[PDB]
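Figure: structure with chlorpromazine.
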There are 2 protein chains.
Amino acid sequence: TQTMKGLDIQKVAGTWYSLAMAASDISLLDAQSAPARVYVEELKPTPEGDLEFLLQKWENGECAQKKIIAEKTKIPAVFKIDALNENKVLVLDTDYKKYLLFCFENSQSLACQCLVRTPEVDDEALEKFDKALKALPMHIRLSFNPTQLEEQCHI
Amino acid sequence: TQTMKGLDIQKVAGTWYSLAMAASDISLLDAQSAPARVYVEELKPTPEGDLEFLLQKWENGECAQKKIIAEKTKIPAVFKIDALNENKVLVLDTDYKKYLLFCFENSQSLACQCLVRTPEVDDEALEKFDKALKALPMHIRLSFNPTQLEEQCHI
Ligand SMILES: CN(C)CCCN1c2ccccc2Sc2ccc(Cl)cc21
Ligand SMILES: CN(C)CCCN1c2ccccc2Sc2ccc(Cl)cc21
Ligand SMILES: [Cl-]
Ligand SMILES: [Cl-]
């Protein structure tokens, strides 16, 4: 939809925090176990330029660990998930050292996140997140406080 | 917190739609039966200047009807609910004919709504809602589409 020009994927490696989330549909986020309520722990680019995500997900009554690889495409900012469905991960913007904005898109519904490196509310990153979101048909948004950011599944 | 100057309460009577909702805590809105997921049907000012609300609420697996009176205070924009808890309704802004912004506050947690007269997405009213919200510690926001606005409990 809107993407990071000149993305250097190797430089997104490491720790991240899902500071804020937004989605096209309320049901994607408005339950503790909602489909898009997915918490990023780490991004692990592969030497071949795929992007592995370490995630948490509340499911069947607890906070489960998940590990998913999004495969590279010819566009550096766009990755594809191997599944029954054809979903994409799009990297909208990042400065590598503080924030990264991305969206998960199907083939439609959209969930986006504002990721930050540290458990702090970064108003500048959130401002960039909101600017990105005005071009998208979002209907739910939420953000987490520093206490929650240090808990499993942001409880 | 922030209020409508010169509110004429009699002029808020009639049909309204909860176009958007925001709250201080994610748990107040992030479930179909969450405490602040309350849908406004009608406002009925009394001759004595109290404000009755006709509402819907998803509870015990369906969309229940609710009727609550908020009693006047010496401030025209602030009403008080008779309960074990001391909660207030604050009217932030309205033009009577298109939109009304209000907040429910306890003694703390806050839920606010953008009400509109018709089942339409009013970007100007939502812009006013967002401006009001930047002065408040909100962590979840959602908005409804015209199809949902015509359904019981916005399903
Ligand atoms: C259940 N899980 C194993 C799948 C996670 C899918 N998923 C996802 C995929 C690849 C990289 C990052 C993410 S976060 C995310 C946020 C919103 C939505 Cl809707 C989906 C995702
Ligand atoms: C269960 N129900 C009978 C009580 C509704 C209480 N409540 C409320 C009260 C008076 C006038 C309007 C409202 S809407 C609302 C929005 C958010 C929250 Cl948190 C509370 C309320
Ligand atoms: Cl939104
Ligand atoms: Cl918000």
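So that the names make sense, note that chain A is the first sequence line, chain B the second, and so on, each numbered from 1. We read in the header that X-ray crystallography, 1.7 Å was used to get this structure. Atoms within a ligand are numbered from 1 in the order they appear, just like the ligands themselves.
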Mind telling me which chains or ligands belong to chlorpromazine? ligands 1 and 2
Provide the name in the PDB entry for the chain that contacts chlorpromazine (ligand 1) most. Beta-lactoglobulin
Which other chains are in heavy-atom contact with chlorpromazine (ligand 1) at under 4.0 Å? A
Within 4.0 Å of chlorpromazine (ligand 1), heavy atoms only, which residues of other chains turn up? A/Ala36, A/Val38, A/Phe53, A/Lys66, A/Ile68, A/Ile81, A/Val89, A/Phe104, A/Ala111, A/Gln113
Protein heavy-atom partner closest to atom 12 (C) of chlorpromazine (ligand 1) - residue, atom, separation in Å: A/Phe53 CD2, 3.4 Å
What is the nearest protein non-hydrogen atom to atom 4 (C) of chlorpromazine (ligand 1), stated with its residue, atom name and distance? A/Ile68 CG1, 4.4 Å
Starting from atom 9 (C) of chlorpromazine (ligand 1), which protein heavy atom do you reach first, and at what distance in Å? A/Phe104 CE1, 3.1 Å
Yes or no, since that's all I need: does a protein heavy atom fall within a distance strictly under 4.0 Å of atom 18 (C) of chlorpromazine (ligand 1)? yes
Tell me which protein heavy atom sits closest to atom 14 (S) of chlorpromazine (ligand 1), plus the residue, atom name and distance to 0.1 Å. A/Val38 CG1, 3.5 Å
Are any other ligands or ions in the structure closer to chlorpromazine (ligand 1) than 4.0 Å? none
Give the atoms of chlorpromazine (ligand 1), by number and element, whose distance to some non-hydrogen atom of A/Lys66 is under 4.0 Å. 3 (C)
May I ask you to identify the nearest protein heavy atom to atom 10 (C) of chlorpromazine (ligand 1), giving residue, atom name and distance to one decimal place in Å? A/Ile81 CD1, 3.5 Å
Which atoms from chlorpromazine (ligand 1) have a heavy atom of A/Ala36 less than 4.0 Å away? 17 (C), 18 (C), 19 (Cl)
